[PDB]
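Here is the naming used below: chain letters follow the sequence lines, and residue numbers restart at 1 for every chain. Each ligand, and each atom within it, is numbered from 1 in the order the structure gives. Structure method, as recorded: X-ray crystallography, 1.7 Å.
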Amino acid sequence: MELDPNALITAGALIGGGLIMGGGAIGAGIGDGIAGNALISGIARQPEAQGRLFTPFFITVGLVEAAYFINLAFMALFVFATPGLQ
Amino acid sequence: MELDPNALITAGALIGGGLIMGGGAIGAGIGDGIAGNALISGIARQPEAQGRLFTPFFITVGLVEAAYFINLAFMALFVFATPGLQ
Amino acid sequence: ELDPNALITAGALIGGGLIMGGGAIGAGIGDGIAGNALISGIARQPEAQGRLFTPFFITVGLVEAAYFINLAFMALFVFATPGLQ
Amino acid sequence: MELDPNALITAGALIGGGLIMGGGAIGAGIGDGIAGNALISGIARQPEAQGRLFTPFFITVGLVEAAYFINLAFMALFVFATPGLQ
Amino acid sequence: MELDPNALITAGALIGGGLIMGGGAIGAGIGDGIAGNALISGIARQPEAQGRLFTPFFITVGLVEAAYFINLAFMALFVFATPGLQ
Amino acid sequence: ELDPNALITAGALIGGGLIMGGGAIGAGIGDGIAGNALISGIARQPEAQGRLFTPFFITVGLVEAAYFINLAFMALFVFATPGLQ
Amino acid sequence: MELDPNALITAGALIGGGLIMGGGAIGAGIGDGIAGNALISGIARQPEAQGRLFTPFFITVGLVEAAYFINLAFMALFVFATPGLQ
Amino acid sequence: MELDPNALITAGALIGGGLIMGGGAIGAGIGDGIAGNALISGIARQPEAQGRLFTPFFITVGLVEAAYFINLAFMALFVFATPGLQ
Amino acid sequence: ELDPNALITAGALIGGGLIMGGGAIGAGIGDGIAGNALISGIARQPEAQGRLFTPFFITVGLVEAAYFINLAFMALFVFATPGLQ
Ligand SMILES: COc1nc2ccc(Br)cc2cc1[C@@H](c1ccccc1)[C@@](O)(CCN(C)C)c1cccc2ccccc12
Ligand SMILES: COc1nc2ccc(Br)cc2cc1[C@@H](c1ccccc1)[C@@](O)(CCN(C)C)c1cccc2ccccc12
Ligand SMILES: COc1nc2ccc(Br)cc2cc1[C@@H](c1ccccc1)[C@@](O)(CCN(C)C)c1cccc2ccccc12
Ligand SMILES: CCCCCCCCO[C@@H]1O[C@H](CO)[C@@H](O)[C@H](O)[C@H]1O
Ligand SMILES: CCCCCCCCO[C@@H]1O[C@H](CO)[C@@H](O)[C@H](O)[C@H]1O
Ligand SMILES: CCCCCCCCO[C@@H]1O[C@H](CO)[C@@H](O)[C@H](O)[C@H]1O
Ligand SMILES: CCCCCCCCO[C@@H]1O[C@H](CO)[C@@H](O)[C@H](O)[C@H]1O
Ligand SMILES: CCCCCCCCO[C@@H]1O[C@H](CO)[C@@H](O)[C@H](O)[C@H]1O
Ligand SMILES: CCCCCCCCO[C@@H]1O[C@H](CO)[C@@H](O)[C@H](O)[C@H]1O
Ligand SMILES: CCCCCCCCO[C@@H]1O[C@H](CO)[C@@H](O)[C@H](O)[C@H]1O
Ligand SMILES: CCCCCCCCO[C@@H]1O[C@H](CO)[C@@H](O)[C@H](O)[C@H]1O
Ligand SMILES: CCCCCCCCO[C@@H]1O[C@H](CO)[C@@H](O)[C@H](O)[C@H]1O
Ligand SMILES: CCCCCCCCO[C@@H]1O[C@H](CO)[C@@H](O)[C@H](O)[C@H]1O
Ligand SMILES: CCCCCCCCO[C@@H]1O[C@H](CO)[C@@H](O)[C@H](O)[C@H]1O
Ligand SMILES: CCCCCCCCO[C@@H]1O[C@H](CO)[C@@H](O)[C@H](O)[C@H]1O
Ligand SMILES: CCCCCCCCO[C@@H]1O[C@H](CO)[C@@H](O)[C@H](O)[C@H]1O
Ligand SMILES: CCCCCCCCO[C@@H]1O[C@H](CO)[C@@H](O)[C@H](O)[C@H]1O
Ligand SMILES: CCCCCCCCO[C@@H]1O[C@H](CO)[C@@H](O)[C@H](O)[C@H]1O
């Protein structure tokens, strides 16, 4: 008739999922930008020895992107396999 | 007009979609500004390093913008193909 | 009492506000950070001025793209709400 | 009697409007502070050639303040000419 | 006591007003601290530049505080003269 | 069931929390940033100490003004709620 | 039977209290980290004269922690002595 | 199943608890990263200052982590011993 | 209609989302800031490399601890909700 329990649960899941991905993008965009800031400046300062900067950059971006995609996976769980759905 | 389940689900979807895109823009705006800060500073320090520095700059911006547009895709999923709609 | 669109529209306005609120945080801070580098760059090399304009405009262009794309979707949310009944 | 549709829409509009102006002030306060940080430091470093810093500062503040006031305009739309009001 | 439309509108106004002032303080506190960071650093670097540096400092703080107090004015509008009150 | 003031008071407490939450973010980070400059300034010039106190106190004064003005309005929101029925 | 007024007020109080402490920890963690960043760097640069850094550090941390604990006190008021409870 | 007061109180507690821990992690992650930035930079600048620099680093991390775990304690209070439960 | 657990579970999912949203903000920015120092440190002293690994890993370890402890409590919130009726 009117509302049912899953309408409220699903609304909660979509808001929760949004928080997860919203936070993920804040962390990833700013974290990657900060890492890349050092890469750009390091290459500017030391063009001949820049190769040694790339594994540290990719380790850093790897960590940052792992947070983004682990969050993405839990957003997908929230909205496609909602825990507590009735 | 009686409330119905999709009214609540759609309200949650729009809020969730807003969180996704709001966070996306925070990460992209600040991440791109931080990347650009190093680009601008590097060119100011060494004029002829301009070509050299656009390469790590675009790698960084690529990473930052990937977050923005993956978030955009999921906002679109939330509001145009809402998971859990009844 | 209430009707379905009252709830949907309330959600759209909150969603729209999140979109624009986040857009201004990203654009204001991103542009400030870009301009910080422009100002410092010019102070360091008073006639580096000319060569700094292109990277400043590219950076601001990217930052402003996020603001404007968000603005467009806020407009969609509140003027053509997806899911309106 | 009890609630009416516009009570809920208007509550949404006020919360939305608050998000718009809250975010606008975060972006403007921090963005202007960051721009002014460079202005202060530049004037400290180069008092004789500081005049060339002011158009770049005002362009930057112009961009930052434009975000604040465009947001202000949409807050005013949300709360004084609410889209979707019944 | 039955709920009434203004109860919901006023709740939205208070939340909206809180967002406005919460964001205002984030922008003002951090923006002023960032401006002051350059002032303090500049005086440490060159003692007799103190007078010189307060001028761009107060221009910056003026901009930052304008955001805070314009936000304050609209919080006051929201909670004392609520747009849309029935 | 419910009554009008239950909803208004719930909104006031959420609004009050936003005010103080934002106030502490601004004050904690703003003060930390001001103190960062004070500490670095003293480390650079160990007897610049005296001349740094005034600009530090002016900066902290401004930051703390935002915290305290927010505190006052949180108090208004929760102890004298505007719009209470 | 169903809901009562204090259920809604108490839910508001817990959310409000959460906002207070959530914001308090953001301000304290980042503020202390920023202060400590300068302490670490200052001690690195000037090991012999580092003692003069500690009162400025503790004044700064004092200010930052005061925001955290004043917020904590108001969270405690919100959730243990809720203003407006019926 | 009819709604009951504790359903609403517990929902508020979980949201409040989430705000507490969400803010705790923002402050701790960023505060610790900022502290570590000075540690790493200081060791890079002067290798044998390593021992010296861990002392102010752990003082800083102690302060930052205190915020995280005091917040954790109050999240636990909110969700396991909810103040105001009926 | 509704039942008590619909409201509790909706709160748990929102709470869980706040926990993980905040966790990723802290971890992404904290790790980026740590890596920024690692990259700059190596660029300054190309064979400082070895001695920078330990402080980098300690910093990342602390940052990641916040992410993981948050993850565990999100899991508690949504898979074993405290207060479920
Ligand atoms: C760097 O990795 C770590 N460091 C830690 C440091 C301290 C503590 Br106390 C916990 C830590 C835990 C971990 C991981 C881990 C490894 C194994 C099991 C559980 C957790 C991690 O949490 C990292 C997530 N980061 C990158 C945002 C993780 C979580 C979830 C899914 C993952 C998938 C793939 C890889 C890592 C995954
Ligand atoms: C710098 O300006 C831009 N750069 C962009 C860069 C990339 C992309 Br893809 C879009 C961009 C769009 C714009 C503007 C624009 C110009 C014309 C039409 C539409 C949009 C803008 O969005 C800027 C807002 N900023 C400052 C926060 C704008 C929006 C709304 C109202 C405005 C009023 C006055 C001035 C600008 C106004
Ligand atoms: C530095 O202290 C200040 N500077 C200001 C600067 C400008 C303005 Br306009 C107001 C200012 C107000 C104050 C304090 C104050 C002193 C006396 C009375 C009222 C307020 C303060 O607000 C500081 C909180 N900070 C540290 C987050 C405070 C509030 C509440 C409880 C406190 C308990 C103990 C100490 C300070 C306490
Ligand atoms: C915590 C950061 C660890 C980064 C990896 C450091 C160990 C590998 O270091 C790598 O050594 C190679 C040769 O062996 C070089 O060609 C690479 O430039 C360098 O990154
Ligand atoms: C984010 C994508 C938009 C980029 C548009 C401008 C691309 C500029 O591209 C860059 O131009 C420089 C000169 O300005 C050259 O020196 C560089 O080699 C080139 O990469
Ligand atoms: C994407 C483009 C963003 C531009 C931001 C608006 C400010 C325009 O900046 C203009 O740039 C010119 C280039 O020579 C300068 O000479 C002008 O003085 C300046 O007004
Ligand atoms: C992108 C934001 C500006 C363009 C908004 C989309 C077009 C506006 O759409 C119009 O808005 C009017 C009020 O302005 C309403 O009264 C009308 O019903 C509506 O058609
Ligand atoms: C800025 C780019 C995206 C803007 C999308 C806005 C779509 C607005 O769409 C408009 O909605 C109005 C009612 O609000 C109607 O009167 C118009 O017929 C309709 O075209
Ligand atoms: C993107 C930033 C563009 C800033 C404007 C640069 C072009 C104008 O530059 C201006 O030239 C004047 C004389 O012509 C000088 O008196 C000013 O100091 C200088 O700002
Ligand atoms: C934000 C407004 C509050 C400011 C109060 C203090 C004003 C200080 O004013 C400044 O004092 C300096 C010495 O301390 C002088 O050298 C400067 O010329 C003067 O501008
Ligand atoms: C707006 C004022 C903010 C002050 C913050 C509280 C710390 C007071 O700081 C005091 O400043 C004195 C000035 O000489 C120092 O000598 C004292 O050691 C110090 O305790
Ligand atoms: C600015 C924050 C501190 C001052 C709060 C405003 C005055 C407090 O007001 C009092 O609060 C009491 C609990 O403390 C309530 O029990 C009383 O009903 C109320 O009169
Ligand atoms: C800190 C500056 C602004 C504080 C505004 C607080 C106003 C509190 O006002 C007080 O409310 C109490 C009930 O809570 C009543 O008992 C008192 O009569 C009333 O004066
Ligand atoms: C605003 C910052 C004020 C910090 C306090 C400065 C005044 C006291 O300064 C203190 O003087 C002592 C001897 O008198 C020294 O032993 C301490 O190292 C020094 O901090
Ligand atoms: C946050 C607590 C976890 C810390 C675990 C590692 C502790 C490292 O401890 C440090 O090790 C250094 C060499 O690496 C020594 O030079 C320092 O004296 C010592 O403090
Ligand atoms: C708490 C530990 C966090 C580690 C982050 C994952 C990256 C591991 O980094 C590894 O460190 C090694 C140390 O010598 C390097 O030699 C390897 O090249 C590198 O892959
Ligand atoms: C820490 C996050 C990963 C571990 C999650 C806790 C264990 C999962 O728990 C299981 O989740 C399933 C879906 O994955 C549900 O279908 C099951 O009902 C539930 O038992
Ligand atoms: C990651 C460390 C904390 C994880 C806490 C997760 C507790 C999950 O607990 C599990 O919940 C499932 C239903 O969701 C049940 O099927 C299982 O019986 C139960 O053990």
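The drug name recorded for ligand 3 is bedaquiline. In this entry, more contacts with bedaquiline (ligand 3) come from one chain than from any other, and the PDB entry calls that chain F0F1 ATP synthase subunit C. At a heavy-atom cut-off of 4.0 Å, other chains contacting bedaquiline (ligand 3): F, G. Close approach of bedaquiline (ligand 3) to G61(F) (heavy-atom distance below 4.0 Å) involves ligand atoms 6 (C), 7 (C). For atom 21 (C) of bedaquiline (ligand 3), no protein non-hydrogen atom is found at a distance below 4.0 Å. Taking every heavy atom of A66(G) and a limit of under 4.0 angstrom, the matching atoms of bedaquiline (ligand 3) come to 26 (C). With a 4.0 Å heavy-atom cut-off, bedaquiline (ligand 3) is reached by no atom of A27(F). When distances from atom 8 (C) of bedaquiline (ligand 3) to the protein are checked, a heavy atom turns up under 4.0 Å. Set against the non-hydrogen atoms of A67(G), the atoms of bedaquiline (ligand 3) under 4.0 Å away are 27 (C). By the definition of a contact as any protein heavy atom under 4.0 Å away, atom 16 (C) of bedaquiline (ligand 3) is not in contact. The option from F57(F), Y68(G), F68(F), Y67(F) that lies nearest to atom 10 (C) of bedaquiline (ligand 3), judged by heavy atoms, is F68(F). Atom 34 (C) of bedaquiline (ligand 3) is never approached by the protein to below 4.0 angstrom, counting heavy atoms only. The presence of a protein heavy atom under 4.0 Å from atom 13 (C) of bedaquiline (ligand 3) is ruled out.
Residues in other chains coming within 4.0 Å of bedaquiline (ligand 3) by heavy atoms are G61(F), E64(F), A65(F), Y67(F), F68(F), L71(F), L63(G), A66(G), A67(G), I70(G).
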